[PDB]
Chemist: 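Lab note: structure loaded, ligand of interest is GS-5745.
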Amino acid sequence: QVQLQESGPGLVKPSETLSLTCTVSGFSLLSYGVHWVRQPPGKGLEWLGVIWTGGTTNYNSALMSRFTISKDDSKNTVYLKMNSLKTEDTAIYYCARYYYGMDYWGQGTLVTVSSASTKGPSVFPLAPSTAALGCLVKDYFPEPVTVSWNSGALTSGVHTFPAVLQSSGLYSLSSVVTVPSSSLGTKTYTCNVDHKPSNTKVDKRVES
Amino acid sequence: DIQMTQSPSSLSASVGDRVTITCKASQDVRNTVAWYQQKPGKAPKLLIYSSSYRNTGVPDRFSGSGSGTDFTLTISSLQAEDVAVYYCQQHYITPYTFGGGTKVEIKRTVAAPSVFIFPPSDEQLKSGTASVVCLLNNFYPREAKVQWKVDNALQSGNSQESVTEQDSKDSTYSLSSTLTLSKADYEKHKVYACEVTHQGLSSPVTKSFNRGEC
Amino acid sequence: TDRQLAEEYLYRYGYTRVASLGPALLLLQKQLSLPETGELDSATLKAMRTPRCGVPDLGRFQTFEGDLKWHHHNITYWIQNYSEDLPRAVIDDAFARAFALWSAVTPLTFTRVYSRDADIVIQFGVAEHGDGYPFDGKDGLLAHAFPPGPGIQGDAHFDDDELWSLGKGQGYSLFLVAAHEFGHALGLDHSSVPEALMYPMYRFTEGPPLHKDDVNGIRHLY
Ligand SMILES: [Ca+2]
Ligand SMILES: [Ca+2]
Ligand SMILES: [Zn+2]
């Protein structure tokens, strides 16, 4: 089973250097090329570069030679180093395997270029025939935030809304779920909030 | 550099309609064009490769054609799960540039929103700020008016909304509007109302609560 | 501008890293079966300018994956694109008659498919064409292929900066170059017998492309 995954710090400071590592499994970097693609949130995809099987690279001239790619075929890793980071570099970065098309992609990792310091969320219960309840993940930076319900159990009716930037400079979102109102005491509903850049997880149970 | 121009930048169609997206290349790019489908919060999926070949596990309704400078992606019978942004890319000459995307959305029947309101939690008030949230659940079309009324007095500039992307099963949207007052300003008033106007509601649905109770 | 021609030929095909230039020219003269004089004489220069396969003579492009031979016998190929120099049916056929040479002497069958899942993928391209291994323009090296294995391996590429033809007249025989390249795609390395198919330089021949050294070489494999 072919897999790719990006890892690296999300927050980086302007004019400093970013390093992402693409860890590959299920295929050989001796046999496939590996490409980097980025996408600013809500915008479209931009191609960054490629490292071919024999180790030569090619980079997008729009990146003013700030960006380089190396790999280790033994350890199944591809390395992206981009220095002199600008604000414009905030995006999701993907690594993808290319063979007549990018058929397998990483899950993408968000890289926020910012001087601001990281800050973890605060979780509050949204609590009041179908009933609705949820969680309010408030005042965190930078993105992303992961919200699951009942440790991954509850899936249908879950709506996690896009984040919102506030005059404080800190994001805020909400996850909700509609449930049968009969099952309000018979079952317990827990939201699991996961803001990794600050390394905080919170589980909140919601009731009247 | 080779430019790839996708048209249209978005389109709205119904289940069963046949959809056509194009992608023009600023210069000859042969057959080396691939189409990707990208669903929100997820990475792109290889859909078509070499102009006309269908990647493994891709339904027959997805089809690609074209060569040289003009390429077409066709969905012969659009299904509700096909909502996504669709990108084209050339891999004839570096940089392997992408098109700008084509957002495909669904037409469906009007579906009225289910409205809920959530008072601030006590844990939050123990910090000096109160967030009152209003929820419009699974409605269509996307356009909906949500205005807050505190003590029947219309509020402005102290809320902000957020809308999900079109659901891939029922083609509905969901929206949240969050009113944020300070603790002091929260306690100056009693009735907190959320009035919602939408095409599936013959008349505005209001959902409210009184502070010193709920 | 002749010593620089030699330094680039020797580097590209692997003699330089294995090795004054005398010693490296001696590795080349032996490997190509020329008079081993150790000098950049006329015959070595003639050879250095003859069109040939782009695959190195000592070493490889890179470290590949696996044991560089196919572990199944129903080999599937994909013709990914065509050159404008020949009708598609003529190109489809040249690749069929090129593969037939090899089935005629091995436990392998060649079945055409229409998928990037094929083991052998055939592709025409010019300069940089999607591998790390760009072609050189008109003449020089005419094609390259890769040892058996996953992904890029097993594939065969042809320099579309050349004029592709079949029999006599102008241009390089797509049938003969393909037959050489499919040798690389089955596990063979270059031969040193001037009259073998896996000999790296291009020679137009009618009559049988395969030579004793090729059938023996393909056999210690399958
Ligand atoms: Ca292959
Ligand atoms: Ca050439
Ligand atoms: Zn060769």
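Chains are named by letter, beginning with A, in the same order as the sequence lines. Sequence positions for chain A are given in the PDB entry numbering; the residues included correspond to 1-128, 136-215, in order. Quick note: numbers on chain B are straight from the PDB entry, i.e. 1-214, in order. Since chain C takes its numbers from the PDB entry, the residues it shows come out as 40-58, 66-215, 391-443. All values below come from the heavy atoms of this structure, side chains included, with hydrogens, waters and symmetry mates left out.
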Chemist: Which ligands or chains in the shown structure match GS-5745?
Modeler: chains A and B
Chemist: Going by the PDB entry, what is the chain that binds GS-5745 (chains A and B) with the most atom pairs under 4.5 Å called?
Modeler: Matrix metalloproteinase-9,Matrix metalloproteinase-9
Chemist: Could you check which UniProt-annotated Ca(2+) binders in chain C have any non-hydrogen atom under 4.5 Å from GS-5745 (chains A and B)?
Modeler: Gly197(C), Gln199(C), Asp201(C)
Chemist: So, looking at chain C, which of its UniProt Zn(2+)-binding residues come within 4.5 Å of GS-5745 (chains A and B), heavy atoms only?
Modeler: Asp177(C), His203(C)
Chemist: Quick check, please: chain of GS-5745 (chains A and B) with the most non-hydrogen atom pairs under 4.5 Å to chain C?
Modeler: chain A
Chemist: With a heavy-atom distance cut-off of 4.5 Å, what residues of chain C make up the epitope of GS-5745 (chains A and B)?
Modeler: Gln108(C), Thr109(C), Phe110(C), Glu111(C), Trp124(C), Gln126(C), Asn127(C), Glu130(C), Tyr160(C), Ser161(C), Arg162(C), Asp163(C), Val167(C), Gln169(C), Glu174(C), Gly176(C), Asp177(C), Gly178(C), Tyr179(C), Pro196(C), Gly197(C), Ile198(C), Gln199(C), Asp201(C), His203(C)
Chemist: Determine which residues of GS-5745 (chains A and B) have heavy atoms less than 4.5 Å from chain C and list them.
Modeler: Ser28(A), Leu30(A), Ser31(A), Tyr32(A), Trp52(A), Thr53(A), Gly54(A), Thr56(A), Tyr99(A), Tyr100(A), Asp103(A), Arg30(B), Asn31(B), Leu46(B), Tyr49(B), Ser50(B), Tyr53(B), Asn55(B), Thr56(B), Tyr96(B)
